[PDB]
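Next up: a structure with gilteritinib.
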Amino acid sequence: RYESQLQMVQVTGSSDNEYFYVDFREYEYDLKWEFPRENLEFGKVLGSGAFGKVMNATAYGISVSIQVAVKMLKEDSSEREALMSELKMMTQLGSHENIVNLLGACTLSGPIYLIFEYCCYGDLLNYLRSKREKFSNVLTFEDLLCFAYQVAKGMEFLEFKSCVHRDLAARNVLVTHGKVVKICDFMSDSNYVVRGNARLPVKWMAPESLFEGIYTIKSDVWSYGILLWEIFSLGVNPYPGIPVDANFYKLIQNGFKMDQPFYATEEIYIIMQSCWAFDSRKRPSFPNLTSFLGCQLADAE
Ligand SMILES: CCc1nc(C(N)=O)c(Nc2ccc(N3CCC(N4CCN(C)CC4)CC3)c(OC)c2)nc1NC1CCOCC1
């Protein structure tokens, strides 16, 4: 069964487990987002999962013509409804510079299309990896700091909107013009562990997610720490050379944290470590993180 990894939550109490997920299934879709099918000229496939795909297209008159990314299902009615819920969620969220924003949708006369902003340089993980020889076209320490700042800003927006990202990682951040980055939502991949219905990004998950299935904004701070390690290693797999097995679960339970990656300063590393506090209440907030990285970045000589 399909589900979006960006989820709205409502808090029902002060403890981490006191919340529920907001289902938009019973809410009505605002028809001002509806865009004509025939104004999409489909180009190439950008990625496929089991339940769907993201395709490049030219969109005529959506903003004049622009590139877009179009999310769609593969050729059930439950899958259709989940995509509508995601659409309804994204219509209500509002836009932000550091989110992959919804531009429109095609829902009435054919298969469901969700039309998003196109991010011409693809995912941040592959971007970082392609720049390893070209680190001083050229990638710098300041660019890495800027990417970190932008992701934190994106997450601060999601915190403010009462949302959680259940899969924050460099693979789910995209890169567009001007070194702008944007947080996106969405078997062969060894970073996800199969466990019944679930596909778990184990090495990105906070303990309370691993052990109790709890996802809060503070779980996202942990994942953000992992993503920082990805940035400042130029896209190394977290916990490099450590397999995902029952020993991994024990390592995390006992307070195992990664070392300082090569491109991190000591100050960036202290921030990473704070994100990995076992107790969620000791982790910094996203407004804290934007302040710390903004101050680090503001040291551009
Ligand atoms: C909603 C998920 C998603 N949204 C977008 C989006 N809204 O725009 C998106 N775009 C995207 C854009 C461009 C590329 N390319 C092609 C050119 C290539 N070249 C290499 C050679 N070099 C010299 C010049 C650049 C760099 C990668 C791309 O990767 C194929 C994806 N992709 C999304 N999902 C995928 C799932 C599979 O994994 C990555 C993310």
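Here chain A follows the PDB entry, giving residues 571-633, 637-648, 651-710, 762, 781-830, 837-951 in order. When a ligand or atom number is given, it counts from 1 through the structure's own listing order.
The chain forming the most contacts with gilteritinib (ligand 1) in this entry appears in UniProt as Receptor-type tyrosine-protein kinase FLT3.
In this structure, the binding site of gilteritinib (ligand 1) at 4.0 Å (heavy atoms) is formed by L616, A642, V675, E692, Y693, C694, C695, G697, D698, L818, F830. The nearest of the UniProt-listed active-site residues in chain A relative to gilteritinib (ligand 1), at the least heavy-atom distance to 1 Å, is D811, 11 Å. Every atom of gilteritinib (ligand 1) with a heavy atom of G697 under 4.0 Å away is listed here by number and element: 11 (C), 12 (C), 13 (C), 14 (C), 28 (C), 31 (C). The UniProt domain of chain A holding most contacts with gilteritinib (ligand 1) is Protein kinase. Within gilteritinib (ligand 1), the atoms closer than 4.0 Å to a non-hydrogen atom of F830 are 2 (C), numbered from 1 in the order shown. Not one N or O of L818 is nearer than 3.5 Å to an N or O of gilteritinib (ligand 1), by distance alone. At least one N/O-N/O distance between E692 and gilteritinib (ligand 1) falls below 3.5 Å. Taking every non-hydrogen atom of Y693 and a distance limit under 4.0 Å, the qualifying atoms of gilteritinib (ligand 1) come out as 8 (O), 12 (C), 13 (C). Below 4.0 Å from some heavy atom of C695 lie the following atoms of gilteritinib (ligand 1), by number and element: 13 (C).
Using a 4.0 Å cut-off to heavy atoms of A642, the atoms of gilteritinib (ligand 1) that qualify are 6 (C), 7 (N), 8 (O).
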